[PDB]
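The sequence lines are taken in order and lettered A, B, and onward as chains. Shown for chain A, in order and in the PDB entry numbering: 1-429. Per the PDB entry, chain B residues shown: 1-441, in order. Chain C is numbered as in the PDB entry; the shown residues are, in order, 59-106, 113-230, 286-320, 327-365, 374-410, 414, 422-515. Atoms within a ligand are numbered from 1 in the order they appear, just like the ligands themselves. What you see below is based on every heavy atom in this structure, not just the backbone, and it leaves out hydrogens, waters and symmetry mates.
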Amino acid sequence: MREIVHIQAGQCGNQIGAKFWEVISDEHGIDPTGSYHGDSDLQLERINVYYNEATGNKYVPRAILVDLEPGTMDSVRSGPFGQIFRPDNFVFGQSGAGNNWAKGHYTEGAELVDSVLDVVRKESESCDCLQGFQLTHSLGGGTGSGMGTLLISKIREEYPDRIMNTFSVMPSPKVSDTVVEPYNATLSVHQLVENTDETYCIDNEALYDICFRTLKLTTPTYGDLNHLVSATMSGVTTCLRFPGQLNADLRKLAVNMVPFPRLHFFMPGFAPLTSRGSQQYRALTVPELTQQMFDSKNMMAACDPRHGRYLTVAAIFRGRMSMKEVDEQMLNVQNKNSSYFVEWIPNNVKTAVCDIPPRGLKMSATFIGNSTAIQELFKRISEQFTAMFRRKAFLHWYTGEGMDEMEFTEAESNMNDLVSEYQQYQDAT
Amino acid sequence: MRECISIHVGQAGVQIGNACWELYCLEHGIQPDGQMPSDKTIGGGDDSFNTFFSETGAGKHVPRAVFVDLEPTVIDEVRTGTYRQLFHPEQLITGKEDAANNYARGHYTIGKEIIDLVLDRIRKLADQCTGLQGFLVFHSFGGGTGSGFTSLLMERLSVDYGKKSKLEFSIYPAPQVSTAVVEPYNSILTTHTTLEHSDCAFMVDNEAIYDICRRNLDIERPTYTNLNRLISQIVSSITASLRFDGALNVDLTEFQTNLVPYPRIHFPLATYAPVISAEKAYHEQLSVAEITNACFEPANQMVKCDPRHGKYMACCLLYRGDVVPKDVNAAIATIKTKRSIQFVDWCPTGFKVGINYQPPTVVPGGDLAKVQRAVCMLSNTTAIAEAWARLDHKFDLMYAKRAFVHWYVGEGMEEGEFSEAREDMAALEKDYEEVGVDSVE
Amino acid sequence: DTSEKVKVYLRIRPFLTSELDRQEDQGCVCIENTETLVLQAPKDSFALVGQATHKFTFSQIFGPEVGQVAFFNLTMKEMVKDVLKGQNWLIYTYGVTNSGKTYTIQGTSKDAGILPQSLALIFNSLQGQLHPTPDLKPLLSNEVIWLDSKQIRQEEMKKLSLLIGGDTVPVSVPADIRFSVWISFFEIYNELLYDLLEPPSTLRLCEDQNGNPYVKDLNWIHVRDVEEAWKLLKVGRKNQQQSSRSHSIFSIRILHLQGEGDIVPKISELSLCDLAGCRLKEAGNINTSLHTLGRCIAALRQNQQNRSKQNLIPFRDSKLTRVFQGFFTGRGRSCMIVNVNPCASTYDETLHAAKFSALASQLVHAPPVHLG
Ligand SMILES: CC(=O)O[C@H]1C(=O)[C@@]2(C)[C@H]([C@H](OC(=O)c3ccccc3)[C@]3(O)C[C@H](OC(=O)[C@H](O)[C@@H](NC(=O)c4ccccc4)c4ccccc4)C(C)=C1C3(C)C)[C@]1(OC(C)=O)CO[C@@H]1C[C@@H]2O
Ligand SMILES: Nc1nc2c(ncn2[C@@H]2O[C@H](COP(=O)(O)OP(=O)(O)OP(=O)(O)O)[C@@H](O)[C@H]2O)c(=O)[nH]1
Ligand SMILES: Nc1nc2c(ncn2[C@@H]2O[C@H](COP(=O)(O)OP(=O)(O)O)[C@@H](O)[C@H]2O)c(=O)[nH]1
Ligand SMILES: [Mg+2]
């Protein structure tokens, strides 16, 4: 068995977690009360991946809520799926960081991290064979950055073998409502580079773009963005739970995606996506999904991949399909767009196929990209960061928390080195 | 008695095993329950042949097979599919974690503590034979268990038994189509196993079988359930002589003797002539001459290579059904007449012929037309060198920059081993080029 | 520098009587000259490539005739001088089972290895020109901590607790510089830094003002003379042929502290890193670190004046290369001590060790092979 321990921190993390658990309980046909009222037996074949068995024929997800401060606890606990979670996992403090990385890491977070570590240890001790951890948080904020990185570091120290998977929301370059995003984001990236196995860069700008242009929504809200991210995050781990012609898991993706230890920042994507009113006009074929994935406007990372080269990509398809058609389409993508792929990899594409589609679809598929163009987002943050740090705009809100100024400089340098590393592989060689 | 232990390793191995055992059960009239209605119908004979089935007291016929995946998703289908009650409960799933397309994990770290169970089960199966043996190991290069655990298992088997024929049926990487980006590493790292331990290895390539299905069978959108059926037809045709009567029965020993001129050249190609769709079954006689000529067509080969670019060092024809020696001899003479088929000057005879009276069967829901006669050709040629050269190039394009190397180094594989593996491959290629040379007087 | 690369030095261990008793001598290790080691296969007729001869370049090679002190007097004493002269130097060590690295570096008290002799030379040289008590700690190569009375007493208590609970270089400045010599000893194990001078009963990294990484909260111990340093080191050794399973780093920092109490004087650092040569986990980590290290050294050898291209030195991929980032960058320099053994049973490992650690490695093949 291959169990996953799901962790989430911050307002963004908790809301994405709520939507994700809604989607998963829909997939396995689990009632909000925790009972099962599905149809196909395959739902219970691998329900242990996410859920523990409670005595009354009941299922309880392995969710750990990190700093569910009362403002978000009241939302989650009173929501539609508030009662599914076991209350012992509702770990939280009072007087949160307030968009201050130092408070989230050193001052306030160090007081609460012990409880979360104890809960994580108790949950992990119950697994037959743990596969890895899955974290959901947001950079540029408060507790989600500081405590998120603190928990990543301590858990990875405790469980070095197991896969540390992170789904993080980057700060958008333009659409921002927080002044001190650059400092928190820079420190979080510095902590993230050395302490995770794979991190998925999500940006709100790209999700808004997809909602406005692809789905033709006029009034998108955070619910829809969480819907898209949940769809992706379910698509990634679909092969662990259901059979298929060609199986895959987290470790298999990690091996076939991370050519060097520090190059583990990815661009997620999902297909198909289209408004309801037009769904009757387009038939679902593997060519259509393949066309929609590699379209630069479907990427959730807010970065055009054509500005660089794909180090490596992976397609995880779901639904009944022929392997010849899939292989032909991926080979066609490699051959036609050969200018946008790294030359010194003979084959840049990983393929996985699951034979159980989503509930309401014949076919679906999930894309994970890894390209040097991602370096762009780091550069933008770095620019904004220096534009403040040279003036010492808000250092007194940080240095007062027992943070020497030097901790900033190191982080900045680390980010620059990361950018330089990606820039090594943009040139043909 | 004559028995063969089928071992399957990895997902490709297990699916090929499913298709193969479906074909065997259909051939011997054995139900999915293991009961055999023909036993009470005939009341005699060994039609529940010991070559693939052990008979118990209750009349149930249990397959002689063991197989591993290190990923319970694939074998649990067998444990729940229609044949769950056929196989013995000893289908060794041990996949608390997968190898994850990593040779080092399969061979050194994860594969340990499972090889003992597999060797124990194979010992228990082998103790039940009062007669001939020979292992048929199925796997896929480029994967996990199929690359590392297969090497471990071969290494242990060559010591425990040693003087037993070990036939290998391995999925090779295609020139273009690939489902992984670390495939060349895992493929190259098994060359030592395939050289030192295997007694005869049959390579197949998915792109070639796709071409055959699209062209001959008229299947626009094939999937693995058809490629496995074709490979099962091959394997059934190879082992036909051990079970059914025939004018010329070729055993495994005489089979290997006439096909492997030297110890290090045990890599024959395979092909099957009457592929033929259902609708095309009419408008063609399918005489012995036609299928014999069709076997030599480069477009019908199961490995993406061109025999015209090399010389034929050995060839073995295995016929099934309504075949008479007169037509076989005439067809062989016609083949020898043609100048497109080049034989090395040091093999004047060139042909081994085996004929069997049991015609092939058609799987229900299949796509092969019922035919009166059929032929499977195996041929040891030098053109197979091409199939290695491309792969070696791909390996170099990664290894020059040490891409993905650390994923192995952290698993206990010393780095220098990579170089050693490639060197072995290099030596193999040179050997083939040193047997296509015409003799000098 | 003049494309110094590494300037690797080689020690070849002599045979032991018990080894010759088992016919271990089959001509595995030899030398064409003092610069190029020659490694050949033993005549392994057992178990039912006749020589496979490989050549390995070294700055100097030292056969079995050369003892530990003979090794030190010819190569490393200069480097000690070079450190006290005002440079920063880092001596790596590598070898395999029976190679003699743990005797080459540490050895006994009489035929002292490079480490005790470095202690002896440095501390004997600075007698009469040292501060009697601790006054100034070498935290960094470009920063120090001045100690008040209570801090000095506490450091003395630390030194005495570690000591109790179980000859000259060109530098000669009496009455001008009250040298402050401090030592440290830790180990990198599973990418975790453990302070080792702490007596028998995890450290962090961070950068200095110039971006040079250093280790945080390292138990630097002031020392007076040779024997104090040797005893502190010996006690710290217990917290770490017999060979390491971790990368054990000893280091010494000398503050050229003028009589006025100059803050941030010239800090001279000599460090020695004993490297570990399919316990699974550590082994993979060891190989992983070594792999990264090899790449870094290869980059450091590829990025010399021979190419005039910097490319990338992947020192960030491991703790070992990150902490020694300053020596890859140019803030310091580094050399290498390789150990081998002529025993047949060691040969493959020995060969691999040379291929990992030689100044340069080449294939000769010994063309007289292919007898059959
Ligand atoms: C009725 C109708 O014509 O609309 C369909 C539908 O298929 C469309 C319009 C759906 C629909 O999605 C959206 O309108 C949407 C809006 C904002 C953000 C994301 C989606 C649909 O909501 C989504 C829903 O999809 C599912 O049921 C999948 O199983 C999906 N389920 C959920 O996301 C889910 C949502 C709430 C509660 C429980 C589950 C899923 C996808 C991936 C992985 C797991 C599950 C379907 C069939 C529809 C509607 C209902 C309109 C689309 O969505 C998905 C993710 O499939 C948008 O385009 C795709 C495909 C279709 O075009
Ligand atoms: N011809 C054929 N090839 C298959 C089949 N199933 C899987 N493969 C091939 O198997 C190769 C990779 O093997 P994997 O998917 O990794 O399975 P594995 O070899 O057991 O390795 P694991 O991932 O550890 O299970 C691919 O190139 C596939 O084409 C099949 O049913 N028929
Ligand atoms: N995608 C998404 N992002 C969100 C949501 N809510 C908040 N955010 C983002 O999260 C950031 C604020 O981080 P926050 O949760 O306050 O950090 P915290 O104070 O530690 O909890 C902002 O930049 C928002 O854009 C949400 O529901 N969905
Ligand atoms: Mg698998």
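With Taxol, avilamycin, Taxotere, lenacapavir, clarithromycin as options, the drug found at ligand 1 is Taxol. The chain forming the most contacts with Taxol in this entry appears in the PDB entry as Tubulin beta-2B chain. Those other chains that come under 4.0 Å from Taxol, heavy atoms only, are A. The search for other ligands and ions under 4.0 Å from Taxol returns nothing. The heavy-atom binding site of Taxol at 4.0 Å consists of A:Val23, A:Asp26, A:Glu27, A:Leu215, A:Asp224, A:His227, A:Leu228, A:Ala231, A:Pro272, A:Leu273, A:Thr274, A:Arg276, A:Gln279, A:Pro358, A:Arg359, A:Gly360, A:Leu361.
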